[PDB]
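The numbers used for chain A are those of the PDB entry, and the residues that appear cover 25-265, in sequence. When a ligand or atom number is given, it counts from 1 through the structure's own listing order. No hydrogens, no waters, no symmetry mates; every other heavy atom, side chains included, goes into these values.
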Amino acid sequence: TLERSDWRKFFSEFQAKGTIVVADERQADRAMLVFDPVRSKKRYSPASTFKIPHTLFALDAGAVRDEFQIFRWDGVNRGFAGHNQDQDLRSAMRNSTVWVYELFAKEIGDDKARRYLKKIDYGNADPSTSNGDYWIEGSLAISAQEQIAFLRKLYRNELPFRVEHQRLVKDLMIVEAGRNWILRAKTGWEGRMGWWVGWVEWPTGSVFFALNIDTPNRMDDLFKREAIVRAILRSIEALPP
Ligand SMILES: *C(=O)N1C[C@H](NOS(=O)(=O)O)CC[C@H]1C(N)=O
Ligand SMILES: [Ca+2]
C-alpha cells in the first residue's frame, strides 16, 4: 500500500481527522492508496455500514424474502422522518432505518451472527454486546483496510451467500450513476466517528474506498464523510466533475 500523505489537504479542506483507503482497479497493478496507514488498520464499530453484511445475513436466514416485502411500521416515532413509515429493503438502506435491522437481528440467531461473521472474517467477528446493538454498541469492529477486503469479496460475488443475494445488496447500495459509472456506497455514524465505504464502477474497472473520520461536531461533521471521499475520487478521475 502506497502512502498518500499529500492527501492531508483533502481532510484539512474540511477540517477533519481521519483515514481513507482507496483500491483502484482501473488498468492493472496500481498501488493501494492510503492516508494515515496506521489509522487505516485500526478497527472501529461499523455502525450503519454493517447494513451491507446484515442484509446478506437476513436474506440468507429468511428474515427478508426480497426487495418487495413490506415491513409494517409499529406507529412509534422512534427516529427521524424517513424512519417513521412502512419500509422495504431499499427505503431501509437509503434512510438507514435502524428498526428494520433490529427486527432482522432478533430473527437471526445470536449464534448465527457469530457463524456468519466468522464465515466471512468480518473485522474481529465478535457480536458480543452489553446493551445496545452489537454493530454499533458492542465488540464488533473492523478497519478501513478490512472494509475494502470485504467489499471486494461482495463485488466479485465471492462471499458465501447466494449470488442472487449478493447482487440484490449491491443494487440496494446504488446512490448515483451516470451512463458510464455507478456509485455504490453506505454511510455509518457511531456518534464519535463516522464512515463512508463503497466503490465506483467504471468501464476500465472499479475504485473501492473506505473512509472513517472522527466527528467531534456531531451532525455538522456528517457531510464531511462524502465530501472528503468525493474530492479524492475526483482528484483521480474516479468521479465526474
Ligand atoms: C448508522 O450508522 N446509523 C443509523 C442512522 N443513519 O446513519 S447514516 O446517516 O450514517 O446512514 C442514524 C445514525 C446511526 C445510528 N445512531 O444508529
Ligand atoms: Ca484492473
Asks: What is the PDB name of the drug at ligand 1?
Replies: avibactam (bound form)
Asks: Report, by its name in the PDB entry, the chain making the most contacts with avibactam (bound form).
Replies: Beta-lactamase
Asks: Looking at non-hydrogen atoms alone, which of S72, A71, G103 comes nearest to atom 4 (C) of avibactam (bound form)?
Replies: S72
Asks: Quick one: does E214 get within less than 4.0 Å of avibactam (bound form), heavy atoms only?
Replies: no
Asks: Nearest heavy atom to atom 5 (C) of avibactam (bound form): which of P70, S69, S120 does it belong to?
Replies: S120
Asks: Which avibactam (bound form) atoms are under 4.0 Å away from a heavy-atom of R249?
Replies: 9 (O), 10 (O)
Asks: Would you mind telling me if avibactam (bound form) is within reach of the side chain of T73, the backbone, both or neither, using heavy atoms under 4.0 Å?
Replies: neither
Asks: What is the organism of chain A, as given by the entry?
Replies: Klebsiella pneumoniae 700603
Asks: Output the list of atoms in avibactam (bound form) that are nearer than 4.0 Å to some heavy atom of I160, sorted by atom number.
Replies: 15 (C), 16 (N), 17 (O)
Asks: I'd like to check which avibactam (bound form) atoms, numbered from 1 as shown, lie under 4.0 Å from a non-hydrogen atom of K210.
Replies: 11 (O)
Asks: Could you check atom 14 (C) of avibactam (bound form) against the protein and tell me its nearest heavy-atom contact, residue, atom and distance included?
Replies: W213 O, 3.3 Å
Asks: Please identify which atoms of avibactam (bound form) are closer than 4.0 Å to at least one heavy atom of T211.
Replies: 8 (S), 9 (O), 10 (O), 11 (O)
Asks: Determine from the deposited structure the residue and atom in covalent linkage with avibactam (bound form).
Replies: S72 OG
Asks: Just curious, which residues make up the binding site of avibactam (bound form) with non-hydrogen atoms under 4.0 Å?
Replies: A71, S72, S120, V122, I160, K210, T211, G212, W213, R249
Asks: Would you mind listing each N/O atom of avibactam (bound form) next to any protein N/O under 3.5 Å, plus the distance?
Replies:
{"unit_1": "avibactam (bound form)", "atom_1": "2 (O)", "unit_2": "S72", "atom_2": "N", "d": "2.7"}
{"unit_1": "avibactam (bound form)", "atom_1": "2 (O)", "unit_2": "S72", "atom_2": "OG", "d": "2.2"}
{"unit_1": "avibactam (bound form)", "atom_1": "2 (O)", "unit_2": "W213", "atom_2": "N", "d": "2.8"}
{"unit_1": "avibactam (bound form)", "atom_1": "2 (O)", "unit_2": "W213", "atom_2": "O", "d": "3.2"}
{"unit_1": "avibactam (bound form)", "atom_1": "3 (N)", "unit_2": "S72", "atom_2": "OG", "d": "2.3"}
{"unit_1": "avibactam (bound form)", "atom_1": "6 (N)", "unit_2": "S120", "atom_2": "OG", "d": "3.4"}
{"unit_1": "avibactam (bound form)", "atom_1": "10 (O)", "unit_2": "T211", "atom_2": "OG1", "d": "3.2"}
{"unit_1": "avibactam (bound form)", "atom_1": "10 (O)", "unit_2": "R249", "atom_2": "NH1", "d": "3.0"}
{"unit_1": "avibactam (bound form)", "atom_1": "11 (O)", "unit_2": "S120", "atom_2": "OG", "d": "3.0"}
{"unit_1": "avibactam (bound form)", "atom_1": "11 (O)", "unit_2": "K210", "atom_2": "NZ", "d": "3.3"}
{"unit_1": "avibactam (bound form)", "atom_1": "11 (O)", "unit_2": "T211", "atom_2": "OG1", "d": "2.9"}

